[PDB]
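Check out this one - ajmaline stuck to Group II Phospholipase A2.
The chains are labelled alphabetically, A first, in the order the sequence lines are listed. Here chain A follows the PDB entry, giving residues 1-5 in order. The residue numbers of chain B are those assigned by the PDB entry, with the residues present covering 1-14, 16-56, 59, 61, 67-86, 88-122, 124-131, 133 sequentially. Note: hydrogens, waters and symmetry copies are ignored here, and every other heavy atom, side chains too, is used. Numbering of ligands and ligand atoms starts at 1, following listing order.
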Amino acid sequence: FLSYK
Amino acid sequence: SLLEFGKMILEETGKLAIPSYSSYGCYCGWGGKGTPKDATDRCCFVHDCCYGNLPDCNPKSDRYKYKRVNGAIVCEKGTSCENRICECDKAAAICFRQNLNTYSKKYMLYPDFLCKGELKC
Ligand SMILES: CN1c2ccccc2[C@]23C[C@H]4[C@H]([C@@H]5C[C@H](O)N4[C@@H](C5)[C@H]12)[C@H]3O
């Protein structure tokens, strides 16, 4: 939940 | 895993990992090439380097546990890989908090050809 940095 | 990293960033900066940090500068997100555009980009470069020190680990999918002692991020005992992955993410989250003041929207979706140069960790 909401990351791929 | 990216699940913990993203919650960490949101808690720390208030910004959502995707799309605030998923395609920022030359190192935040996919790839790694060129000269970090700014402090926030340096945070990602160092983070990338941090993962680089853990060859036989899997930072994107290996989940770890962490708690917050008052505001402090505290990594909990897990496997060796989970501990080191957590320390790498923690540092980036703090680094992100520490450089919010210079976060620049002109660096989101930064084009690839503008990432010129090399930089050893
Ligand atoms: C080899 N190492 C590098 C050697 C020289 C310059 C840059 C890099 C890394 C650091 C970081 C990132 C990906 C993911 C991993 O965390 N690391 C690897 C590949 C690269 C990539 O940018």
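- Using a 4.0 Å cut-off on heavy atoms, the other chains next to ajmaline are B.
- Between B:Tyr28 and ajmaline, no pair of N/O atoms sits closer than 3.5 Å.
- Distance remark: protein heavy atom present below 4.0 angstrom from atom 6 (C) of ajmaline.
- By the definition of a contact as any protein heavy atom under 4.0 Å away, atom 2 (N) of ajmaline is not in contact.
- Within ajmaline, the atoms closer than 4.0 Å to a non-hydrogen atom of B:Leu130 are 6 (C), numbered from 1 in the order shown.
- Given atom 11 (C) of ajmaline, the protein heavy atom at minimum distance is B:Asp49 O, 3.0 Å.
- Looking from atom 4 (C) of ajmaline to the surrounding protein, the closest heavy atom is B:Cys133 SG, 4.9 Å.
- Shown here, atom 15 (C) of ajmaline is in close reach of the protein: a heavy atom of it lies under 4.0 Å off.
- Every heavy atom of B:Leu55 sits 4.0 Å or more from the atoms of ajmaline.
- Considering backbone and side-chain N/O of B:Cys50, none are found under 3.5 Å from N/O of ajmaline.
- In terms of protein heavy-atom proximity, atom 18 (C) of ajmaline is nearest to B:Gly53 CA, 4.7 Å.
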